[PDB]
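Among the contents of this structure: selinexor (bound form).
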Amino acid sequence: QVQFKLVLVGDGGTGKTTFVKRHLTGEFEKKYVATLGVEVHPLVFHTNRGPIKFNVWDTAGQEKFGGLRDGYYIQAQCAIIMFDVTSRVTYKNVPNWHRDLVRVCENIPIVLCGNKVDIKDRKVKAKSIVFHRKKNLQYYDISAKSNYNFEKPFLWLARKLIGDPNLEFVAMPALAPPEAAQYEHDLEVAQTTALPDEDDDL
Amino acid sequence: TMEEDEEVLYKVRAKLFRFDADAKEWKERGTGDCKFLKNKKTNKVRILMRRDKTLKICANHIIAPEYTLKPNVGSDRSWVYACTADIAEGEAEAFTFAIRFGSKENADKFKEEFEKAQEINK
Amino acid sequence: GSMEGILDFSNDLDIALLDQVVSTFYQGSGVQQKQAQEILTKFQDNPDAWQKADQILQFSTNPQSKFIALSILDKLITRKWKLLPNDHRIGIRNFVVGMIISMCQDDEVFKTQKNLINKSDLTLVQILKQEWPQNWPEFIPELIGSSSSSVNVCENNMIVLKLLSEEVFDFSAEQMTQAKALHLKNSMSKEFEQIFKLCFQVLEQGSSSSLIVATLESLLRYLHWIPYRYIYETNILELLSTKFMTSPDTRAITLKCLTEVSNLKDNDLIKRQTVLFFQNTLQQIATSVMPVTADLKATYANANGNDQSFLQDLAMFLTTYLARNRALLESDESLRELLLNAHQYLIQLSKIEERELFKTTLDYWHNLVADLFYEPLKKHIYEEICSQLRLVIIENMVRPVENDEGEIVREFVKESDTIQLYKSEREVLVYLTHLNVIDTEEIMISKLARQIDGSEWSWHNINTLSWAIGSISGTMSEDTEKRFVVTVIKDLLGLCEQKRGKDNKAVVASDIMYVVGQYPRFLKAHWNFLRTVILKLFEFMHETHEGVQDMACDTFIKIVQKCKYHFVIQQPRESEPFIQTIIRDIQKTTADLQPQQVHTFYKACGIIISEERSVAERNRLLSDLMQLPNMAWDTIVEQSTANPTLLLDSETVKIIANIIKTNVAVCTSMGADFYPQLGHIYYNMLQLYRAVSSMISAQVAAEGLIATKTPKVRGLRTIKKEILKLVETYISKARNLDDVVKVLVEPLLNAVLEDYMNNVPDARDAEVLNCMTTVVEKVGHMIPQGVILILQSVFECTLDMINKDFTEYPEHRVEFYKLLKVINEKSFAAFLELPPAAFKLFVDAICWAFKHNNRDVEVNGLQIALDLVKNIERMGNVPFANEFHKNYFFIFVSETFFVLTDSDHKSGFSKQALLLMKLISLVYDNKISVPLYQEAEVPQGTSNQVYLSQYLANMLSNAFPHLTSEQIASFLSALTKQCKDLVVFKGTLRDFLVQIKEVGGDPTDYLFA
Ligand SMILES: Nc1nc2c(ncn2[C@@H]2O[C@H](COP(=O)(O)OP(=O)(O)NP(=O)(O)O)[C@@H](O)[C@H]2O)c(=O)[nH]1
Ligand SMILES: O=C(CCn1cnc(-c2cc(C(F)(F)F)cc(C(F)(F)F)c2)n1)NNc1cnccn1
Ligand SMILES: [Mg+2]
């Protein structure tokens, strides 16, 4: 099986776990429950070069919850460094995270992501984001909330890891699908629980 | 893709939710094109829906005639229904789905197409 | 479980069991991996786990186990080193040193366990930060001597020195006190001449590529700080720019080294060497890597080996050097080929498809063309470069936000990430156009002719060209612009009459709309053509074309914002000002638009009407414009004034919301001129607000809180929110404040305040607070009793909503503190009127705001406290100010200290420090009149300065008991002395934040200033 260890680092509350959960289940988690150490999630994308599986090590950004810290980076084959464009301090800390990461992983593809561009009051201005240049990191504006560019970090990493610049995500095969006591209860509860974000476009 | 011997009866942009009964909250499962697909060999109509930009399947189940579209208290542009065999994520699993559209008119169009597909499947 | 045995420290540590849990964590999966993770973290967190590090590093079979042991040592060294007995310090040192030595003498271990060796080197560096040089003076001389005994030791000593340099010069500012940073920097500086000796001899002598790379990696770090003589008075620049450019293993790091040299700090010899290493470097690229004609776009796209990173690094080197030094290349005719060849590589790099790399080259081009714009006699040097650059930018123009069609000739989401790139492309292209307007026009006209009668027709050939044409508007003087635009428009009109189909039409229509929208000066001078454009946009408002219809609305208001005057005057050969023609047809013109687009249309009409300064004529135009919504309004207030059930018609709720949204739109652009229309609806509008509010409360009562999520109640609350938005919008722009106070404010407060107060929390609209903020902001000084009523109705009930967690009711949270801020600013007397219990809640609410991580709340809370301290100080020596200080001075001091030190509110450091400095300075200026202590507590006549120091010493002693008394006293003495110099004050606070993270911080550190 083709599988790659990916470490995700960044200040607490930048949206690392929300971003991964979006890719895992499609959900958007509004609550902030801080990661305790690391959570490991397998994540598969289908490409024209076959399936690619990322073992995503979603590490804690809060220092008091940091766990093994750089011990998580051992044998990572790629990485995402996350910050929050509404919080300047999280960009200020990007060189520290990068420092600790490349001391363990000296030659891996790394994506820098500025998350939460859906928020109107942006604080880390586009023109300010230059740290990736001397460090050969790929950069993307992203929003786990709006899905803006949300596929880009994984598409770029897969291209670098497979060694194919023409790699593309492709549509999964769609098998033909198969052809009342607890149900009326659950349906009632579901009808009477309001859908979230009723003001969104969808 | 396994969609080559199927005809596109209906397509609409939508957002799909799944009900987490334990957490008592709706969770998004995917945003993209919801398609009603009729199999040229069996004449059976399925819902098949894929996420934008990852193209991952978030709905794959027969539009069974036993299903009923019901309103959600918070929306005039959504439908709720119980699905007993969705294979988007592997083995067939039962879900309570909600699907929301860009407008009430799209939601009402989805409903009549959903019911017509149910008659085809008979 | 079996794996938790390693957590029992009474028994000896089973190293085999440790290794199994570690392997389970790294190479396992699922539940077992998660269990092992939690065990390993508990093991690492054990405060005596370090005592087992030697046993793991000696007996373990698993390098990850040894890594984890080294992480445990790192925490001990960095946080508790000076608490250890001296024998344990020496033992840890000798033990780390000897482990590094043995890994480097074993060729097999040195080659396979780089991860563990690097972590060991960094661990040693942590020891150095604690022990060197004062308790290790011979470290550098011994390192240098041991280097010549083994290639492996020598190479690893370069890694240690690299890490030490990073820790001392690159990452010290936030991890060490100012004093300790200076000590370690001075120490490295005093011994660098020896270090450089070894580094230069390795580079000139060595052949081991791995040793050379490591030496060069360490040199990269040194270049951040070493004196320039080490770089220019040696032969090292020749080695970097020739030898180490030829081999690809050293080329990457050498190029990065030469980029930093292009940043080191009248000497004609130095200029010659700066020219020379550049010439050497470019010669090596041309002969060893690729010639200047090479297709780097293709090479990058292929992405072989490290080609992408090398091209990135080459762009950085060339842009960095040329931005600083191209003047050295510009006068000497013998250097002209070098100057242009370097810029030709940059042209080739600018053709690569890589957004972030393009921004890097574009930044350089901006730097260049802005210098050619001003510097005499320079632009002619770069004529051919600039001509090629015009082509590159015109062909890589990104979408200009206003263009709403894409891909399949459809609409979407906004391309948020391209806004800045377009602006940067526009900036350079505008400069390039000024540099040679003939060349730019010739290029654009020619591309355009080959769109029509040419082999180049496509989308993104018409698109990127149309966007470039629009983007240069203003670069030509008016007469040249006139001829250019006439040519472009005819030819775009040619393309649209002949390309047919949904897709073609949408593409060309968007391009024409963008261009004409970008040339309002041309429109102002040709009224007859402006008319035809406006009428064409009205046609497009009936387009089934998704995309085109929305863009026509945006283009209409974009044009009106610039050309409004020509709609308000009466044009020659017209029967009427054109604003009249628009208004008379507004039902038909907008008939097929969506409501938000209708409101945009009305907003644009209001822009035009406000140009009319004859008040009688303006008000008549406003009445004419609002004729349809007012007649709908009159009818609906007639119907729903007898059947509050009809107000439960969803259709009727949408109509009302849209009527008010229309008023909001016109008010936005008309501002103070909107008042006559506001007065037409005001009384009935507030009656409707009350009626709608009764319905919402009734629905919540009959259906439960869930009713607030239903479409009906959301629609009813939309009415209330838009009514609040309309009033806020007018009052924020009002010029006659007397009418605001005497006509608007009393009915508004009657309508909204008790409804807010008397609704359940989930039914309260945060927009009430937002409206009240503007009310207070504009006329608060004229309504002191009205501000009191606002506080009475919203203060305590909103505070109770938001004071149980930091997450619930986030909008109420943000608007709450904006309201308190403006009241504290503008009508502070209102807080003086509060009963003591409520004033105590006010202080609680302010400190509560402190503890938010939400910047939208934290910043206002810190500001409120500062303004409040100032408000109190302005009162002078009066009973209320004396009581305030006795009750709340130390509450503000301690709460401010708490968020300064808890590591969870670093985003507010600067304003926390400002507030703390203000508080302390109050006492050391004796601006507080009464004793801050109780009569018992301390001797009579004890100064508040003495008591404050006493209070703070006690506070910090109990909050940070690992500090020594002398650390605390030295800290406070420095802090107090510095309460008039914010930058020094802040450095002392930062020194304190470092010291509380460890044991045994030097109290003399606080003398740094
Ligand atoms: N508006 C917005 N909110 C987001 C976005 N992404 C994440 N969030 C929100 O930010 C908060 C933090 O979520 P989380 O994923 O736990 O961040 P984290 O980096 O994992 N924190 P930690 O490192 O401590 O575990 C959540 O409330 C989440 O809803 C986003 O893209 N937009
Ligand atoms: O005839 C055209 C020509 C195509 N065409 C596209 N766009 C345009 C166009 C757009 C603008 C706008 F303001 F919108 F930017 C202004 C102007 C003009 F210069 F005339 F003032 C023209 N013309 N289109 N419509 C129809 C209708 N029936 C049959 C065929 N085509
Ligand atoms: Mg997390």
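By convention in this document, chain letters (A, B, ...) are assigned in the order of the sequence lines, proteins followed by strands, and residues within each chain are numbered from 1. Excluded from the calculations below are hydrogen atoms, water molecules and symmetry mates; all remaining heavy atoms, backbone and side chain alike, are included. Note that ligands are numbered from 1 as they come in the structure, with each ligand's atoms numbered from 1 the same way.
- Lab note - all copies counted, selinexor (bound form) located at ligand 2.
- Ranked by contacts, the top partner of selinexor (bound form) (the one with most) is named in the PDB entry as Exportin-1.
- Counting only heavy atoms under 4.0 Å, the other chains near selinexor (bound form) are C.
- The contact residues of selinexor (bound form), taking heavy atoms under 4.0 Å, are given as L493(C), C496(C), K505(C), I512(C), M513(C), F529(C), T532(C), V533(C), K536(C), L537(C), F540(C).
- Residue-ligand proximity, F540(C) to selinexor (bound form), at heavy-atom distances under 4.0 Å covers atoms 7 (N), 10 (C), 14 (F).
- According to the PDB entry, the source organism of chain C is Saccharomyces cerevisiae.
- Heavy-atom proximity to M513(C), at under 4.0 Å, picks out these atoms of selinexor (bound form): 12 (C), 14 (F), 15 (F).
- Considering backbone and side-chain N/O of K505(C), one or more are found under 3.5 Å from N/O of selinexor (bound form).
- When each atom of selinexor (bound form) is checked for a heavy atom of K536(C) under 4.0 Å away, the hits are 2 (C), 9 (C), 10 (C), 11 (C), 14 (F), 16 (C), 17 (C), 22 (C), 24 (N), 25 (N), 26 (C).
- Each of the following atoms of selinexor (bound form) lies closer than 4.0 Å to a heavy atom of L537(C): 12 (C), 13 (F), 14 (F).
- Geometrically, selinexor (bound form) and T532(C) share no nitrogen or oxygen pair separated by less than 3.5 Å.
- If you number the atoms of selinexor (bound form) from 1 as listed, the ones under 4.0 Å from a heavy atom of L493(C) come out as 19 (F), 22 (C), 23 (N).
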